[PDB]
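First comes the structure, then the notes that go with it.
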Amino acid sequence: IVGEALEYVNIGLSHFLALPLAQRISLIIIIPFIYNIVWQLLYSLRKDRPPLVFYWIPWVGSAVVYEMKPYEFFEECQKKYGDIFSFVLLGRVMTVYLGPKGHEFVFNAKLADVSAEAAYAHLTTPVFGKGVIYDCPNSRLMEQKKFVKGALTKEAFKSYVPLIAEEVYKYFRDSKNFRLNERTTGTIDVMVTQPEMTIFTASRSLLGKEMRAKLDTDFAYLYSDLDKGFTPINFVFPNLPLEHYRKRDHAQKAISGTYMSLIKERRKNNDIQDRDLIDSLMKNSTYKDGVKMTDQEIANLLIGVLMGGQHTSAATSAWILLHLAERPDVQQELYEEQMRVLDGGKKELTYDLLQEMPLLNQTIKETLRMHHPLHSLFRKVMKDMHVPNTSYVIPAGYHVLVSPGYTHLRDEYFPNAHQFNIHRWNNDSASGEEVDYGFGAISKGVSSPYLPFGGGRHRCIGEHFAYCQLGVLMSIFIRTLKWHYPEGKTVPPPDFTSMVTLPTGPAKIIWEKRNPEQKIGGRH
Ligand code: HEM
Ligand SMILES: OC(Cn1cncn1)(Cn1cncn1)c1ccc(F)cc1F
């Protein structure tokens, strides 16, 4: 009889529940631990699945090494399994496709196969607000990008340049980090100065003088609070009742309120011109089906756009300064180009003249190669995906991870990739077939090993603005200052744990005026 064995199942179950809590706790730990390992071993036998990186701790997965050294994690996995491999990350299964084909697979994936907003809405909506970016369908995002792009034109860039230039000079004059009229040399932390210079220049040009004026008050603290809401932690804990989350939520309310106040006052007073992105979105934010963006949505879009560009650009100008700090030869070469293009300084910097500064633009290009601010980009897989020329199938519910920044640092595609060399872009200082997803014709192929601004439908639309901003900034730094490292100091390693891969601080440089007696004018 085995009927008596079925009885012993029941008995065993009863003797189980009657175990001392010291043991049931252990079993509370050992059972999932064993099950996890047993499951992985079975998983490896499945051949329509990419290799899965082994991990001990359930749910957590490979999260620790990934969060700390993601490029080293990728290279190790790449050696062991090749370009396609999966790993577990704090509850989710991430499928990585390395290299140009990975760029194709993910950046050019069909709209039905993957979703960006499904991956990012929880990180971004709390910070930016509702209705925009990733808190809406893709077709809405496509048109939002179209709206923002319409203020990002050549003619706008020509008007932004003297404005950005003024902000940089005002910063050299008034900021405690410089004070070039009282000081001729000094030390700065680039992770202090660049975020401040970035917000000052982006606000003045994209938002206007009103909004820029507000950064000079206590209101600036709100930006700092909202800023801290942009954190990987939001992927796991997007809302938990602490004061981080309430300073953030308050900031979002307070800042979006401020923009609507300006918007509503501009429209009430017929003061809608072609100054900034606010004027632009006001006279141009009606979707194709006739629905107009609310003033709240418009303000939330401003926040997301300004916030994203803030972190990517500030990290980038910080890296530029850090690389140049140990390369006086490059500073020297850049300075000569400045003297040549601007007639020894007797020419005012214009957007057109920026375009005649290839080495300056190659310096940005090369920094973005070595320091892609977003080391990984994700999509959630919505429908089962077959990986071409493999037997692999990526199930829905998986996430795909693309990482052009990793390919940027491979010798195969960039000879001596870990060496900073702006001349590798000689005759190629620009930041076939095209396609238009709703915000303008962009490249159809996304197979370039160099993709600092991504590609496909989620491609960046701030690239020309970023080059404009960074260009003006670096042009003025180069003409005004020399700089170098404190003894023994060199380029810091990246901090991969933050929202962008900014330098590990404190990252300090020593500056000095090329012209100690040069005075910056204006009232202060
Ligand atoms: C050096 C500076 C920047 C870099 C390297 C950069 C990089 C990127 C990348 C890689 C993406 C694709 C993200 C993805 O595929 O998930 C992206 C998207 C985007 N970026 Fe930028 N960005 C920069 C600056 C800016 C600026 C200044 C703005 C606006 C003024 C901006 C606005 C946007 C927008 C609206 C998207 C679309 C996101 C989507 O469609 O899902 N970015 N950027
Ligand atoms: O793509 C981001 C969001 N993100 C993805 N991984 C990490 N952060 C960043 N970004 C890209 N270019 C500029 N910022 C973004 C996209 C659009 C946006 F409006 C804000 C925003 F943070």
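Sequence positions, counted from 1, serve as the residue numbers for this chain. Ligands are counted one by one from 1 in listed order, and the atoms in each one are counted from 1 as well. These numbers come from the heavy atoms of this one structure, side chains and all, not from hydrogens, waters or symmetry mates.
Notes: drug at ligand 2 recorded as fluconazole. Measured by close contacts, the chief partner of fluconazole is listed under the PDB entry as Lanosterol 14-alpha demethylase. The protein non-hydrogen atom at the shortest distance from atom 12 (N) of fluconazole is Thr312 CG2, 4.0 Å.
The nearest heavy-atom contact from the protein to atom 16 (C) of fluconazole is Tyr134 OH, 4.0 Å. When hydrogens are left out, the protein atom nearest atom 18 (C) of fluconazole is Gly304 O, 3.9 Å; that is the closest non-hydrogen contact.
Near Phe128, meaning under 4.0 Å from one of its heavy atoms, fluconazole places the atoms 20 (C), 22 (F). At the shortest separation from atom 9 (C) of fluconazole among protein heavy atoms lies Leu374 CD1, 4.0 Å.
Of the protein's non-hydrogen atoms, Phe230 CZ, 4.4 Å is the one closest to atom 3 (C) of fluconazole. Backbone and side-chain nitrogen or oxygen atoms of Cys460 are examined, and none is located within less than 3.5 angstrom of a nitrogen or oxygen of fluconazole.
For atom 5 (C) of fluconazole, a protein heavy-atom neighbour is present inside the 4.0 Å cut-off. The source organism field of the entry for chain A says Saccharomyces cerevisiae (strain YJM789). Inside a 4.0 Å radius of atom 20 (C) of fluconazole there is at least one protein heavy atom.
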At less than 3.5 Å, what protein N or O atoms come close to the N or O atoms of fluconazole? Include the distances to 0.1 Å.
{"from": "fluconazole", "atom 1": "14 (N)", "to": "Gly308", "atom 2": "O", "distance (Å)": "3.2"}

